[PDB]
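Entry overview - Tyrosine-protein kinase JAK3 with peficitinib in place.
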Amino acid sequence: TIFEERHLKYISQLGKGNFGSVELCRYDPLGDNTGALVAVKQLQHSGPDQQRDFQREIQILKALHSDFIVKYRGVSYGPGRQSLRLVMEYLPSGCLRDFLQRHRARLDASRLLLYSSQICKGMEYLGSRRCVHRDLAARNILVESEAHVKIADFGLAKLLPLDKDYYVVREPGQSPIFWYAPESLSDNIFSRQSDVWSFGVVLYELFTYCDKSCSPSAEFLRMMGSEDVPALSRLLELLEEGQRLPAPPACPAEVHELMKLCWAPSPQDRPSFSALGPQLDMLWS
Amino acid sequence: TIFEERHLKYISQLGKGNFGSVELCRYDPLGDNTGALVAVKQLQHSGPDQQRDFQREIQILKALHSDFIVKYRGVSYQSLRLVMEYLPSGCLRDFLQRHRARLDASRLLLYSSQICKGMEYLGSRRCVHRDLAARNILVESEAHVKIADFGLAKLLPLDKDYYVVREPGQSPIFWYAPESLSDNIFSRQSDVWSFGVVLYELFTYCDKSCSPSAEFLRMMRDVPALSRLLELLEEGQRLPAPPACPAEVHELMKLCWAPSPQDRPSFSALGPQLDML
Ligand SMILES: NC(=O)c1cnc2[nH]ccc2c1N[C@@H]1[C@@H]2C[C@@H]3C[C@H]1C[C@@](O)(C3)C2
Ligand SMILES: NC(=O)c1cnc2[nH]ccc2c1N[C@@H]1[C@@H]2C[C@@H]3C[C@H]1C[C@@](O)(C3)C2
């Protein structure tokens, strides 16, 4: 629950954000090296807005209990009893985006549909906590084992007003625009329905095995093209025309049709993660 | 943007102080009574200290933008008046007492959620309210409340996280924190203590007989009225769990009332802990 700074042995780095970083550590009080591996998030060179949002993240994660969401283990009040480090579980198999590219050969559609379903269940639970993840993408999905994946990176995650179902972000997005829904791009509006849009994209990522040559980045930039209008503005224009990501190579038709529903123009017309769950689970049987 | 005195029709009094008063008016330049209502504040027989502070007050509130903080509207000028929006349902304390049958526990969480968010934003503007209490919260609609009364609200120095009031406040002792009561230290963490008391008010539906004052008074021979409370807060005594209060909210009030300000939760941490119940 409470992690002594001196017993967190640093090993190496897992990610370096713009205002923060995630370090792989071993919490080893006993010295014999049997202590558990943990991911530890902390801030660097950050202003007041980030420190405050970082404190929201810790509470949101502390409060999420699901097999399909990465585990909060504790916090550490750090060197000089001043700073703040967020301690989480370490999953050694790594992120899904990298895992699919490496082990592509030993993984068939069934296994891909298992992942999708676990993620969908995870996202259904986040809905139930009135929580919008806001950064759902293969790079933030972790692999617990070859048959278990988890959702991670709650940095952009936000709870809804208790009386409303949507939320507006005052400062616009910085994370890749290719997972963002149109109302998010045009108006910085976010919701469970917006997360449903992004889940369409992770299905695409999944069934393209995160192959870089047909990534959302890769595909949209080929459709947007270069012409000066900003890249955010022309993607939106592309999306309002009704243009979407194309059917992946060898994609099961009925999976591509579920994406299309995730990507409906109006948020009210996208299926809930509750509607999607069974639809994924009993696609073939 | 700026209001004319001759177009401000006086209606009735909203509040009064030892050196200040607030008035309800319709700003009615067309003269046909279709103007908007406004709460208008000004000073009366005050000293230079009050006039100075009142300008600070105008300028802070002028620059606050939150759906949970009463909206500065403008000013009217020889002697200055602060014009604000008028919320017609009045303050929360009187509302909770009047409409308790109509309001369930879930909606008290919503008012809590919204006050915390207002206090979070005041925190980010490096600003301390000093008089957080239900008597200073306003009802915009049945599902929306707003913080008001920035009379005693002070901005923290740019390079420090606390403020010291050399001339202490005559306003009620029961909302104050132990460092306030003892050494006049005010801070964002002080505002957290008082939020704890605001929670108590909410979940007791601002019932008179079990007010913070009434309850703290019941928990106390004769010495000074102040130095009995501080001696009692430093023992460990706190306000009771209200009857119409969930367990986990009472735990948030006790955390809010930790002895050391450093141990008390931020409004940033509190928020989710309220919203996720
Ligand atoms: N609990 C964890 O966060 C975590 C657990 N096991 C891991 N194994 C490899 C990375 C990694 C973790 N964090 C990484 C960090 C945050 C997020 C997710 C990972 C990849 C990313 O790019 C984006 C940087
Ligand atoms: N702009 C306003 O402040 C305001 C707006 N709408 C209102 N409707 C009823 C009172 C009232 C207002 N002021 C009151 C005044 C200051 C403060 C808040 C209110 C109650 C109090 O006791 C403490 C006296």
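Read the sequence lines top to bottom; their chains are A, B, and onward. Chain A residue numbers are taken from the PDB entry; in order, the displayed residues are 815-1041, 1043-1100. Shown for chain B, in order and in the PDB entry numbering: 815-891, 896-1038, 1042-1098. Both counts, for ligands and for their atoms, begin at 1 and track the order of listing. Both backbone and side-chain heavy atoms feed into the values below; hydrogens, waters and symmetry mates do not.
- The location of peficitinib, copies and all, is ligands 1 and 2.
- Using a 4.0 Å cut-off on heavy atoms, the other chains next to peficitinib (ligand 1) are A.
- Residues of chain A near peficitinib (ligand 1) cluster mainly in the UniProt domain Protein kinase 2.
- Among the UniProt active-site residues of chain A, the one closest to peficitinib (ligand 1) by heavy-atom distance, rounded to 1 Å, is A:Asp949, 7 Å.
- In this PDB entry, the source organism listed for chain A is Homo sapiens.
- Looking at UniProt's ATP binders in chain A, a heavy atom closer than 4.0 Å to peficitinib (ligand 1) shows up in A:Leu828, A:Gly829, A:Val836.
- Within 4.0 Å of peficitinib (ligand 1) on heavy-atom distance sit the residues A:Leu828, A:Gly829, A:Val836, A:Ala853, A:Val884, A:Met902, A:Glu903, A:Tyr904, A:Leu905, A:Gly908, A:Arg953, A:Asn954, A:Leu956.
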